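Entry featuring duloxetine.
Within every chain, numbering begins at 1; the chains are lettered A, B, ... in the order of the sequence lines, protein sequences first and strands thereafter. In listed order, ligands and their atoms are each counted from 1. Note that these values count all heavy atoms, side chains included, but never hydrogens, waters or copies made by symmetry. If you're wondering, the header gives X-ray crystallography, 3.0 Å.
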Amino acid sequence: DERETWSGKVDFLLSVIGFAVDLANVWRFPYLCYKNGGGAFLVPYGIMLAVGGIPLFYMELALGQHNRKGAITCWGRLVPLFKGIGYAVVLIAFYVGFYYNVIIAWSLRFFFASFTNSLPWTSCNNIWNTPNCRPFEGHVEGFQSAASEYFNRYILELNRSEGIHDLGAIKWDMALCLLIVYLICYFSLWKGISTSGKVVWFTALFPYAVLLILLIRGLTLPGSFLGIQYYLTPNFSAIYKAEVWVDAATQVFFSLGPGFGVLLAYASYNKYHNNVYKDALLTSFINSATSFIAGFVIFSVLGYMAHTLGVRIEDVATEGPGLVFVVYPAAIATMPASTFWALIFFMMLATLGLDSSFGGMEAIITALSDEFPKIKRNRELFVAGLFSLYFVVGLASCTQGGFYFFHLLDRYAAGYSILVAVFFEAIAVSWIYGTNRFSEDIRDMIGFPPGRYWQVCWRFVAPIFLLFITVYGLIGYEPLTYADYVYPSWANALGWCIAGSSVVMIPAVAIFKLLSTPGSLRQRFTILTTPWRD
Amino acid sequence: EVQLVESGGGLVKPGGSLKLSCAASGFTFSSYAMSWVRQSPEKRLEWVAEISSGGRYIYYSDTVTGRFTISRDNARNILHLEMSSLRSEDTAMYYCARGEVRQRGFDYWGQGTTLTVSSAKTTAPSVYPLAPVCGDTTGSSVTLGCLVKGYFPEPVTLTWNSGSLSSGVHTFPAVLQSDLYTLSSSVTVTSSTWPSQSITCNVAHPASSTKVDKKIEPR
Amino acid sequence: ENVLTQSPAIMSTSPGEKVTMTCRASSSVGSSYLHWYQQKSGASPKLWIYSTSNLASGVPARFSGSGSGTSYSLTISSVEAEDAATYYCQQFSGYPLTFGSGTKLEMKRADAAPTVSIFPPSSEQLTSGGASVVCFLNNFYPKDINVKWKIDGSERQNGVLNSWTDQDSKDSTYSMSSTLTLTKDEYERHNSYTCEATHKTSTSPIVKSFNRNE
Ligand SMILES: CC(C)CCC[C@@H](C)[C@H]1CC[C@H]2[C@@H]3CC=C4C[C@@H](OC(=O)CCC(=O)O)CC[C@]4(C)[C@H]3CC[C@]12C
Ligand SMILES: CCCCCCCCCCO[C@@H]1O[C@H](CO)[C@@H](O[C@H]2O[C@H](CO)[C@@H](O)[C@H](O)[C@H]2O)[C@H](O)[C@H]1O
Ligand SMILES: CC(C)CCC[C@@H](C)[C@H]1CC[C@H]2[C@@H]3CC=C4C[C@@H](O)CC[C@]4(C)[C@H]3CC[C@]12C
Ligand SMILES: CNCC[C@H](Oc1cccc2ccccc12)c1cccs1
Ligand SMILES: [Cl-]
Ligand code: NA
Ligand code: NA
């Protein structure tokens, strides 16, 4: 037959970089270095990257290029008994689309909010403020910074929600920003990679320009070198601790995207004899290199705050959305030409998420187009049907309690659910399908087989690597809370529906296909353990 | 270490079938893609077929596709090439080569097995001793000869005094004329050594069950 | 298919000199898919250079590889007689895989005249009804030689078989057999047989004859 292919090699490389490089490279990696002995954290981060992360990254990329199909068909064409893996992964990515784009909407709201010479989040004398407002971050819960109250009491209006039961009014300024996000995602994804592979040129490259600028602005700041000290001063007392190796393992596995069917779908439009092994190493490196660079951008500024603004580094060295929507903007408002750093900062955050949202959506579309040609012949219709569902339900995230809705999905939509999914991917490839066939498949593509190193990592390391994460992920479990709020019992179990909603397709479709193929049980396993190419 | 031994193969008639085999030993045969390369009697290398590690990826040259079938026995570590509708242009020595990495070529080759495709029929040679003329027995050295004429197919085995005499020997390669090979060998020794000592020409043509020894008397 | 042509086809070199051989492809080849093989007379090929410039195991450092696109070359810094062989290039970037046309490297030496011997039919062949006269032209250089047959005084041109030896690995010389076959009747109807060799050495040819009686 004939399947569409990238109009250029860079279009693919940028689509994969744009997917892999997002906010977690900015608001989590530097925190982990800071939290876990500085430069010493690079040791377990690098080991977990070379034995768990990149082996899984390389697998899906190779596996997607070789089978020329999306996530559902590929795993059906590989281990038919485990076609449910594809099903599981497709709607994990479907769930994530309900909260991830909320971050891009916030980034655009702060962008539109920065069109002035007096950035609003710098003062404590506005209508949205409390008597307990501080000019900069402290370490007492009831006394919040001027930037934290702007984000919480004006942008979010989160003070008006008693919990997830009380979502309250829809913020149509937010609802509008969210629509602009899905509009961009539409006119970039409706015509396929012909146009998608070109938008990533901007969304994946623009952040590097901003990083470059902010890197120079940060290092030229007084106190910049003090932040770099807090960032990278090594302390190997941590390497002996297990919770560090978990942070490294978990960040590695999540900063890269393996198993989400995104890389699968992306590599599926590669040429069969493309050197995907060269592509995996290059793209992996750039993802980690970007986090390492972004660390300087953040901590040069974080030191300037602790040096010239009189704050304790522990109070501003934070992670998650608080770092990009509260902490870093506060420092900008002190700098001259403040208005300039804001606009590029929030555009960087937007472009950092957009190209990741692209891959998640494309993983869904591609997977479904390769299984239901009715929607393959009607792409522009399917995406509008998809994105409108995303927008309508997305209005809940634009309510006054939308964060409680956001935090709920961020915990359950893809946390354990993807770990178990990739666990079977690794088992299906290395054990059911076979490293022999897999290596033989790769040789035919790139001309040489994988080294014994990669084969050992796919067969033993990656499973325990994922197991290592899933075990300790369950040990440190505690019910869902945000600030002084404790989610009700029913909301907790709701996230378990969402988690198991995907994973259940793995044993379900196994059962449904075991009961649909005729023969004896070993006669049925053998019919469901032989690939389509055979 | 690594060793490859090609087997089978000899003379077939146009249209016939034949099956060649390569015995691998000294490495994990099932981990390496193997290929059949051949060399025409005009000494030209031509790749024929490649089979992947597990035999799931097969490539044929456009000159043999539909007629040749390459296969693999990873249990006994044997490589196979099944030939059908054989043509005379398929006459060559067939090599079994190991080449798993394309960026590395064929790092190990067998010794070859020979395939002759002809409608010509097997014939035993006629061995003639080339005793010199009855002229002056001048010179320190004297040159004798052996004429192996009118046989088919290749090869023969020519030795002097059962192989004990090797220096001064020029065995000329065979030339095909009208579906028959002709071969000659020249040996040169000292005039003191002959006919003082015996010089015999040992010819062997296993295709015709022929094994002849000719002594060189100076009649 | 990607045709690979090699020049020169045959090449003679004195030990110690520098040889260069070329391989030109009809379609561009990735520098990492172009290999070289050395094949000695009557033996199997051996991988010599892989990925344009990387020497195989057991290959001395006097060999180097170079090139890109459609033009590659194998170079020997200072040749040794154990390098006399035919060298084949190969591409592995496209099916069908293709081999170059070969470059035969031969050893140069000082010119040498042939020692010519002539042999009449044996009575064993005469019983069969055939008669073939043989001429050996041994240990001469260079390779090109020319033979001429004469029955009585007249020159005979047809009914002849010529064979050439490979270059001797000892003295770098060549040798050739020439066999003229007649019928026994046509053989017994004349009584002077002559085999004269024209070689680069002598201006006049080297002649060897016999008469059918003595
Ligand atoms: C830029 C910094 C801040 C981030 C951490 C650096 C990584 C990009 C480096 C450090 C350890 C490296 C790895 C070290 C071990 C190897 C094994 C290597 O595979 C082989 O050993 C040969 C096998 C073959 O060639 O087939 C491939 C690259 C890799 C994974 C390296 C990949 C990249 C890694 C993760
Ligand atoms: C091309 C348009 C594309 C769609 C843009 C979507 C933007 C979302 C709607 C924003 O709503 C306005 O936002 C302004 C900023 O957040 C507010 O200005 C307030 O804040 C400004 C600073 O941000 C001050 O300069 C103003 O005086 C003050 O009214 C203003 O009240 C509010 O109604
Ligand atoms: C200090 C920091 C901000 C420097 C910025 C890094 C920039 C210059 C680097 C990081 C990522 C790199 C890109 C990564 C991938 C490729 C694919 C390659 O086929 C073309 C070049 C291209 C597109 C690179 C161009 C330069 C690049 C954008
Ligand atoms: C940093 N590498 C990509 C992140 C990845 O991004 C995605 C992975 C899968 C689907 C996604 C859909 C929309 C946006 C992002 C998606 C996520 C893993 C867990 C939550 S988000
Ligand atoms: Cl990271
Ligand atoms: Na991104
Ligand atoms: Na990332």
- Which of the ligands or chains here are copies of duloxetine? ligand 4
- Task: Find the chain in most contact with duloxetine (ligand 4) and give its name from UniProt.
- Result: Sodium-dependent dopamine transporter
- Chains in contact with duloxetine (ligand 4) (heavy atoms under 4.0 Å): A
- Query: Which transmembrane segments, numbered from the N terminus as in UniProt, of chain A have a heavy atom under 4.0 Å from duloxetine (ligand 4)?
  - Reply: 1, 3, 6, 8
- Species of chain A according to the entry: Drosophila melanogaster
- Task: Give, by number and name, the other ligands and ions lying under 4.0 Å from duloxetine (ligand 4).
- Result: ligand 7 (sodium ion)
- Item | Residues of chain A binding Na(+) per UniProt, non-hydrogen atom under 4.0 Å from duloxetine (ligand 4) | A20(A), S255(A), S356(A)
- Message: I'd love to know the binding site of duloxetine (ligand 4) - heavy atoms within 4.0 Å, chain and number please.
- Response: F19(A), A20(A), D22(A), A93(A), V96(A), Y99(A), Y100(A), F254(A), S255(A), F260(A), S356(A), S357(A), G360(A)
